[PDB]
There are 2 protein chains.
Amino acid sequence: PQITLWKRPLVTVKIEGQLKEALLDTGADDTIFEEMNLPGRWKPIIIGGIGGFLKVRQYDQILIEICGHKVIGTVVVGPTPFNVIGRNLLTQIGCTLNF
Amino acid sequence: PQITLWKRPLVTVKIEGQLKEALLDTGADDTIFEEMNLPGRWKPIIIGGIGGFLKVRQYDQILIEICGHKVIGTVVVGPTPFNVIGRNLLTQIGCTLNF
Ligand SMILES: CC(C)CN(C[C@@H](O)[C@H](Cc1ccccc1)NC(=O)O[C@H]1CO[C@H]2OCC[C@H]21)S(=O)(=O)c1ccc(N)cc1
């Protein structure tokens with residue numbers, strides 16, 4: 001699919017059997033989701049953004065099904081205004097910017 | 001130009017006669033740059049990102065030359081770890097996401 005940017009590039013994803021909308025964020029190095037349970041041992045980490053830094057939990061090799069594709073990679077969990085699909089998963093689907 | 005996401009999608013831009021690198025950010029609704037002066041009257045505003053909110057100065061109708069293209073739109077000035085090209089200017093260059 002080709003996605004314009006006139007509106008927020010939100011996509012429906014399936015992660016750990018839960019349905020969520022996430023933002024295709026080329027400005028996000030990593031993927032972060034709002035609170036939820038995930039499989040595996042997680043290490044507490046901290047991420048930094050525009051308005052400050054955020055303490056969160058890091059999970060490795062998490063399966064997300066995004067708009068019909070599948071990817072496995074690091075997913076961070078913590079308070080975010082949006083679920084964000086960072087570049088760690090965008091590359092796996094071969095996502096690119098064009099103009 | 002086609003841009004993959006294995007590396008940060010930074011581009012060289014020319015704004016107010018100054019050369020800067022900025023992040024092509026599909027997750028950013030608006031464009032924000034680190035401190036600098038700009039033409040016109042600015043209204044103080046506050047933006048909200050991951051980890052908190054940030055007070056900034058809003059400027060309207062600002063010309064940025066991005067990788068050979070020209071755009072005019074709202075640019076916000078404030079303390080950000082990166083200069084970010086939000087969707088308010090990405091649409092003007094016809095930027096899209098593809099996969
Ligand atoms: C939090 C999102 C819903 C929106 N953000 C855009 C996003 O691309 C930022 C843009 C960004 C880029 C670098 C630094 C701060 C913010 N990237 C980001 O938060 O990524 C974080 C998760 O992965 C890591 O990658 C770096 C930061 C971490 S935002 O920076 O806060 C933002 C919000 C509104 C406007 N008008 C402009 C920018």
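Proteins get letters first, then strands, A, B, ... in listed order; numbering begins at 1 in each. Note that ligands are numbered from 1 as they come in the structure, with each ligand's atoms numbered from 1 the same way. Side-chain atoms are counted along with the backbone in the values below, which use heavy atoms only and exclude waters and symmetry mates. The deposited model was determined using X-ray crystallography, 2.2 Å.
At ligand 1, of the options udenafil, naporafenib, darunavir, the drug present is darunavir.
Among all chains, the one with more heavy-atom contacts to darunavir (ligand 1) than any other is, according to the PDB entry, Protease NL4-3. Counting only non-hydrogen atoms, chains lying under 4.0 Å from darunavir (ligand 1): A, B. With respect to covalent bonding, the partner of darunavir (ligand 1) is none, since no such bond is modeled.
Darunavir (ligand 1) places these atoms under 4.0 Å from at least one heavy atom of A/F82: 3 (C). Under 4.0 angstrom from darunavir (ligand 1), the non-hydrogen atoms of A/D25 all belong to its side chain. Heavy atoms of B/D30 found under 4.0 angstrom from darunavir (ligand 1) belong to the backbone as well as the side chain. If you check which protein heavy atom lies closest to atom 20 (O) of darunavir (ligand 1), you get A/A28 CA, 3.3 Å. Looking at A/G51, B/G52, B/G51, A/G48, it is A/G48 that brings a heavy atom closest to atom 27 (C) of darunavir (ligand 1). With hydrogens left out, the protein atom closest to atom 24 (C) of darunavir (ligand 1) is A/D29 N, 3.4 Å, a heavy atom.
Of the heavy atoms in B/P81, only side-chain atoms (C-beta onward) come closer than 4.0 Å to darunavir (ligand 1). Considering backbone and side-chain N/O atoms, A/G27 comes within less than 3.5 Å of an N/O atom of darunavir (ligand 1). Protein heavy atom at the shortest distance from atom 30 (O) of darunavir (ligand 1) is A/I50 CG1, 3.1 Å.
According to the PDB entry, the source organism of chain A is Human immunodeficiency virus 1. Here the shortest heavy-atom distance to atom 31 (O) of darunavir (ligand 1), taken over A/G49, B/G49, A/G86, belongs to B/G49.
For darunavir (ligand 1), the residues with any heavy atom closer than 4.0 Å are A/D25, A/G27, A/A28, A/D29, A/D30, A/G48, A/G49, A/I50, A/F82, B/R8, B/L23, B/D25, B/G27, B/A28, B/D29, B/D30, B/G48, B/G49, B/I50, B/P81, B/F82.
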